[PDB]
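Drug on board: tacrolimus.
Chain letters run A, B, ... following the sequence lines, proteins first and then strands; every chain starts at 1. Start at 1 and go down the list; that is how both ligands and their atoms are numbered. Note: hydrogens, waters and symmetry copies are ignored here, and every other heavy atom, side chains too, is used.
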Amino acid sequence: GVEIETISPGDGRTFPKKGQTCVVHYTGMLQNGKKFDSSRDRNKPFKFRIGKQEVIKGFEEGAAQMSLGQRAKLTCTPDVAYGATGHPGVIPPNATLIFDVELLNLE
Amino acid sequence: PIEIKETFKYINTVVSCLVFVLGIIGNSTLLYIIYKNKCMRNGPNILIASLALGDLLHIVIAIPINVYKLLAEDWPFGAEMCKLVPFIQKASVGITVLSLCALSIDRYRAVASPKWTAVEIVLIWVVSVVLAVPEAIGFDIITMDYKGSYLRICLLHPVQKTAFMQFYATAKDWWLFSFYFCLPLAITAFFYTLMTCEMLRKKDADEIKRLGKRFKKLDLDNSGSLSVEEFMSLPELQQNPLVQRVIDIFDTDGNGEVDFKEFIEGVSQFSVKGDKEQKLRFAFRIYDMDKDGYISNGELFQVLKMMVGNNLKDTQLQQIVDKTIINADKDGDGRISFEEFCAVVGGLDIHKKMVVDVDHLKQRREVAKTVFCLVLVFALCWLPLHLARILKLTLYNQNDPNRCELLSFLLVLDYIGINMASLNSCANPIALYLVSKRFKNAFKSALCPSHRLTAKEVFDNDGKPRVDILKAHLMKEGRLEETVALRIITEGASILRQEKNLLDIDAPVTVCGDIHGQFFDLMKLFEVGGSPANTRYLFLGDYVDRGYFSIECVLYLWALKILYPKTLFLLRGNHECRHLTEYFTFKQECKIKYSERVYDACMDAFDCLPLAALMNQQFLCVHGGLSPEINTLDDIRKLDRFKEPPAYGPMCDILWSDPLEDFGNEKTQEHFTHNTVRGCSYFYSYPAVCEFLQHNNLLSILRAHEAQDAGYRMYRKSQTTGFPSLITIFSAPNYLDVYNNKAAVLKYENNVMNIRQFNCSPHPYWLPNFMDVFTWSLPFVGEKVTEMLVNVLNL
Amino acid sequence: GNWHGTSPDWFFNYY
Ligand SMILES: C=CC[C@@H]1/C=C(\C)C[C@H](C)C[C@H](OC)[C@H]2O[C@@](O)(C(=O)C(=O)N3CCCC[C@H]3C(=O)O[C@H](/C(C)=C/[C@@H]3CC[C@@H](O)[C@H](OC)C3)[C@H](C)[C@@H](O)CC1=O)[C@H](C)C[C@@H]2OC
Ligand SMILES: [Ca+2]
Ligand SMILES: [Ca+2]
Ligand SMILES: [Ca+2]
Ligand SMILES: [Ca+2]
Ligand SMILES: [Fe+3]
């Protein structure tokens with residue numbers, strides 16, 4: 001259950017492919033809107049590779065349908081997230097995640 | 001006979017003193033280790049702690065009393081001590097024997113096919129006491145004769161009233177020989193023999209053969225050892241940045257390559273039957289680069305630099321590593337031991353993630369050594385006494401004329417047996433220190449800016465905190481003592497409780513908006529607006545939340561309130577309540593920076609803040625805005641501010657209301673509308689603002705609680721008087737570090753209004769939810785090492 | 001100990 005509701009469209013011609021690295025800024029919140037993480041606070045973007053199972057399935061799926069420069073909101077149910085196990089210290093268990101994703105660069 | 005007694009009295013008293021001192025010191029230190037060091041509780045070590053009790057109650061009570069006897073040449077005490085002390089010795093011996101038996105049986109269970117531990121401790125103590133009861137209710141004092149000089153003696157009464165006690169007196173020696181000496185040795189030997197047979201027939205070839213096949217297949221050069229290249233030969237491991245550390249940990253001897261024995265030992269760390277301690281030790285050694293047994297700053301920094309990559313800066317990573325070291329150092333040596341490591345990351349449950357399909361043993365060395373050492377010490381200490389008793393039972397005969405040398409042998413053997421039995425109750429700490437690595441390390445740790453300011457450092461002789469020292473310390477990420485912080489917050493609440501609902505403030509005055517825990521931005525604000533030493537300040541609220549340094553802002557603002565109660569003015573914000581503070585990060589801030597009692601004191605101080613101010617008889621200063629239930633200032637003045645802000649009423653309306661989106665150009669005449677954005681309070685209109693201003697004869701109203709890109713906003717100009725009716729002030733530059741907005745401050749002086757702007761300032765970085773680096777990193781380490789071991793072994 | 005006398009001790013009295 002991954003949904004992409006557009007916030008601001010990108011170029012609409014370039015989409016992520018298997019093998020290269022996406023460098024992005026992201027800001028995640030729980031269903032209550034509370035901010036749990038945001039790469040903007042670090043003043044450094046996050047890089048991840050497609051097809052290596054490095055990020056959660058929902059985030060990779062959302063990045064797959066989201067284009068270069070696009071900014072959107074991803075709604076990730078626990079089946080495509082940290083699930084009932086969760087992440088110690090950050091994510092409560094069985095939580096639905098909302099991510100403000102902006103794709104900056106493709107390498 | 002007489003000479004032996006006269007010579008051995010001194011030996012006995014020296015033995016008593018030595019056992020006293022050594023037993024007290026060793027058992028106290030052992031119990032201290034058990035109840036301070038958090039790792040020791042995980043195993044059966046608490047049974048060891050019970051043994052310490054089983055010694056201490058005997059050492060401090062029974063030993064000194066006997067000392068008096070050793071200098072009394074008679075029996076000076078009454079029935080009470082005669083009945084008490086031997087009861088203590090029997091109870092202690094029962095505690096020791098039952099503890100050894102139960103612990104041996106328990107770990108026979110452990111290595112072969114908790115509430116039960118506490119129930120077993122209780123059962124051991126109850127059984128020991130009930131079995132020692134007959135001995136206590138047995139003795140008596142009798143004075144028969146000494147061939148002329150009558151003397152009293154504590155002993156078994158030669159005649160007992162009950163048949164049960166006659167049976168007890170008849171065969172007491174064999175009861176003490178069987179239950180206290182035959183049963184322990186028999187049980188421990190039986191269970192150890194069963195464990196030996198268990199490792200005997202449970203030994204197989206299937207897993208060993210399969211691991212050997214995998215070893216041969218991986219060994220490309222057929223050299224019998226695995227180098228870096230042969231481990232990198234699998235493509236799946238080229239994307240794992242924890243490869244080299246795991247390859248090093250598999251290499252126990254440090255020769256650079258892993259042989260079959262080391263291969264098996266490294267694989268065995270991830271068996272389904274392995275203990276959590278093995279997994280946690282693997283995790284510790286992952287960061288322990290040089291294998292000195294301790295985690296330091298540099299090694300942790302390099303490990304997380306390799307793991308994370310270029311995602312984080314060097315400076316912020318170094319700062320948070322220093323923070324983790326400071327918080328996790330429970331002994332001030334500047335480095336993290338395994339004990340502290342597992343005290344920190346004990347609850348992450350990452351040990352359950354490092355699971356592989358294998359069964360091999362590298363354990364069973366240490367604790368088997370310890371248990372066999374304890375049982376052997378017990379057996380050797382009561383061995384001479386039992387040998388003396390059996391020799392007297394067999395060979396002693398008073399009718400034999402050649403009897404004097406028999407006395408000279410038996411009495412000395414009895415002396416040795418008494419002395420050794422005494423030394424046993426003070427030898428278990430020494431045995432554990434000599435046999436066990438964990439116990440030795442713990443005893444070594446115990447017996448052998450992170451500085452915290454004290455009351456003498458913060459408060460001067462007049463009780464006024466020195467603002468410069470607190471300023472510099474809190475600027476340098478420093479912390480404060482619990483007592484000092486609690487004192488500051490509580491007496492600041494006491495000062496604030498005396499202020500009225502509505503403050504009367506005259507010009508000049510400086511007004512600031514939301515701070516939200518931005519301590520360094522609060523510093524920039526105070527620098528721009530001028531020092532509080534000569535400037536009056538009116539803060540509109542929201543001193544916490546949305547930031548990572550809220551407790552610093554609280555400490556410093558109420559510190560200035562201590563120093564300058566009459567020139568510094570503070571007003572309530574909506575974020576100082578139960579709901580918002582527990583909803584946002586302030587609660588975890590208090591939990592990590594301090595104890596929850598500091599949180600309670602901070603909330604109590606928050607409860608005492610005033611609500612609104614009247615500035616220069618012309619202006620009204622609040623945090624939010626107007627209320628439909630408020631028409632005159634008298635309504636504000638009658639509010640009970642010493643409570644949680646309720647979900648409805650002038651409290652919530654003052655703390656939560658916002659103007660309409662089209663303020664100044666609203667289409668209708670509705671004064672108040674529902675507030676969907678906040679979920680509470682109401683939207684108020686320009687007609688309502690003008691109504692309130694004209695009715696109360698106020699000129700303008702100052703507020704906060706709305707984000708402003710420029711840090712300030714003047715709403716629509718008033719028709720009757722020509723002054724902007726409502727001004728919103730925001731003073732949190734780079735709000736949530738994502739808004740990138742500016743901050744503004746409102747200065748009123750000589751009927752002159754000046755708005756000064758300032759921007760954000762650097763602040764140290766914190767991981768989300770105030771966690772240490774170990775909690776951040778452990779699940780990733782576990783997952784990657786598990787993936788590596790699954791890709792290598794299972795295939 | 002294991003004698004008869006004016007003491008309380010493990011098995012029997014001590015001298
Ligand atoms: C310290 C070194 C470790 C290394 C840390 C970094 C490189 C810094 C990087 C910005 C992580 C952030 O650290 C500030 C922080 O980002 C979160 O806040 C977050 O917004 C989040 O959900 N993200 C981040 C952006 C990608 C999607 C998702 C994620 O896939 O994250 C991934 C994730 C946690 C996967 C787990 C891995 C363990 C499995 O067992 C579990 O399987 C269920 C899934 C991250 C990127 C890992 O691949 C890499 C790491 O963990 C997590 C809530 C907690 C996480 O800190 C750990
Ligand atoms: Ca080789
Ligand atoms: Ca080797
Ligand atoms: Ca080290
Ligand atoms: Ca330490
Ligand atoms: Fe607010």
Mind telling me which chains or ligands belong to tacrolimus? ligand 1
Name the main binding partner of tacrolimus here according to UniProt. Peptidyl-prolyl cis-trans isomerase FKBP1B
Which chains, by letter, have non-hydrogen atoms under 4.0 Å from some atom of tacrolimus? A, B
Specify the source organism of chain A, per the PDB record. Homo sapiens
Which UniProt domain of chain A has the most residues touching tacrolimus? PPIase FKBP-type
Please list other ligands or ions within less than 4.0 Å of tacrolimus. none
For chain B, what name does the entry give? Calcineurin-fusion endothelin receptor type-B
Hey, which residues are hanging around tacrolimus within 4.0 Å, heavy atoms only? A/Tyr26, A/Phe36, A/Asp37, A/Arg42, A/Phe46, A/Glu54, A/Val55, A/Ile56, A/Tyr82, A/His87, A/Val90, A/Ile91, A/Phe99, B/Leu304, B/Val308, B/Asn311, B/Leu767, B/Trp776, B/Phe780, B/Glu783
